[PDB]
Amino acid sequence: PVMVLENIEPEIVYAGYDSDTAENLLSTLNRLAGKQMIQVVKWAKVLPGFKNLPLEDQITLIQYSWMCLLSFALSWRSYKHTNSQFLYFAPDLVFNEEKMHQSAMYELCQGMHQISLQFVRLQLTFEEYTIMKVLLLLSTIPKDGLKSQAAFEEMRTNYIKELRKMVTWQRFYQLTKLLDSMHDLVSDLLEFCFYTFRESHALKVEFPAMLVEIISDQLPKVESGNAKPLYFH
Ligand SMILES: CC(=O)S[C@@H]1CC2=CC(=O)CC[C@]2(C)[C@H]2CC[C@@]3(C)[C@@H](CC[C@@]34CCC(=O)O4)[C@H]12
């Protein structure tokens, strides 16, 4: 479980940053996003337990939790590489207070910056990160339901009990509390994402084909309460 998870973690992804307008940063981040999602897809097909449920539900869980996954991962890199001092999007794209301003996404950057700070305080470990990331993959579901709602519950309770064994009643509360707080930020990041998209017509912010399909899928119908977040507290 832990062994497999650490082995299947994605490889380093570069932003391909070419040196600085607001349009640039966001488009670069969106392209960065499209690139990381490719790694997520590959990651998911080899994820223990997940690769079992029907592809429908598999594509579905990936389309509802993509923001949780990428932002938590950003938080991890920022913690591992800069001790949660800056926002480490990629080796060639590390954000500072200024870059945080250029992208016109300051409070939103400060928001995730705060998550990563909690990584330091809690001294989050790599194996806790890996199991916590899978739980975020299984954190959001369509209000209506998945094809195999029973196969999902089993994998989720499995990974949950997996974090318990990993922790063994101390940081488990802290870790799950953090996962719960991730949803709060993701909501903010998502709505900002939907605005930039429904206005990119003028903002000149480009969106990779991957994002376009996910957003135009999540935003359209699942804007309302069609996405039920699973909380631990
Ligand atoms: C401070 C943050 O959390 S940025 C957030 C997470 C992330 C981390 C990465 O490492 C790789 C890149 C991503 C996936 C961003 C890509 C761009 C997103 C979808 C942003 C939130 C809002 C935005 C800005 C413009 C837009 O169209 O929507 C994403």
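To match the PDB entry, the residue numbers of chain A are left as they are there, and the shown ones run 738-756, 760-908, 918-982. Every number for a ligand or one of its atoms is a count from 1 in the order of the listing. The way this entry was determined, per its header, is X-ray crystallography, 2.3 Å. In what follows, every heavy atom counts, from backbone to side chain, and hydrogens, waters and symmetry copies are set aside.
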Colleague: State which drug is located at ligand 1.
Modeller: spironolactone
Colleague: By the name used in UniProt, which chain has the largest number of heavy-atom pairs within 4.5 Å of spironolactone?
Modeller: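 The chief chain, as UniProt names it, is Mineralocorticoid receptor.
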Colleague: I'd love a list of the residues lining spironolactone within 4.0 Å - heavy atoms, by chain and number.
Modeller: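 Counting heavy atoms, the site comprises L766, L769, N770, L772, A773, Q776, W806, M807, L810, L814, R817, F829, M845, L848, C849, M852, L938, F941, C942, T945, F956.
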Colleague: Counting each atom of spironolactone from 1 as listed, which ones have a heavy atom of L938 under 4.0 Å away?
Modeller: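 Atoms satisfying the 4.0 Å criterion: 2 (C), 3 (O), 21 (C), 22 (C).
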Colleague: Backbone or side chain, does any N or O of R817 fall under 3.5 Å from an N or O of spironolactone?
Modeller: yes
Colleague: With a cut-off of 4.0 Å, which atoms of spironolactone are near a heavy atom of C942?
Modeller: 19 (C), 28 (O)
Colleague: What are the atoms of spironolactone, with element, lying closer than 4.0 Å to any heavy atom of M845?
Modeller: 1 (C), 2 (C), 4 (S), 24 (C)
Colleague: Looking only at protein heavy atoms, which one is nearest to atom 26 (C) of spironolactone, and what is the separation?
Modeller: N770 OD1, 3.6 Å
Colleague: Which residues of chain A carry a UniProt aldosterone-binding annotation and have a heavy atom under 4.0 Å from spironolactone?
Modeller: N770, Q776, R817, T945
Colleague: Give the numbers and elements of all spironolactone atoms closer than 4.0 Å to a heavy atom of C849.
Modeller: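 Going through spironolactone atom by atom, the ones under 4.0 Å from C849 are 1 (C).
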Colleague: For atom 29 (C) of spironolactone, find the nearest protein heavy atom and state the residue, atom name and distance (0.1 Å precision).
Modeller: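 Ranking protein heavy atoms by distance from atom 29 (C) of spironolactone, first comes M807 CE, 3.6 Å.
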Colleague: Look up the UniProt domain of chain A holding most residues in contact with spironolactone.
Modeller: NR LBD
Colleague: Return the closest protein heavy atom for atom 25 (C) of spironolactone as residue, atom name and distance.
Modeller: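 Heavy-atom neighbour on the protein nearest atom 25 (C) of spironolactone: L766 CD2, 3.7 Å.
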Colleague: Can you list the UniProt 21-hydroxyprogesterone-binding residues of chain A with a heavy atom under 4.0 Å from spironolactone?
Modeller: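 Of the UniProt 21-hydroxyprogesterone binders, heavy-atom contact within 4.0 Å holds for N770, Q776, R817, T945.
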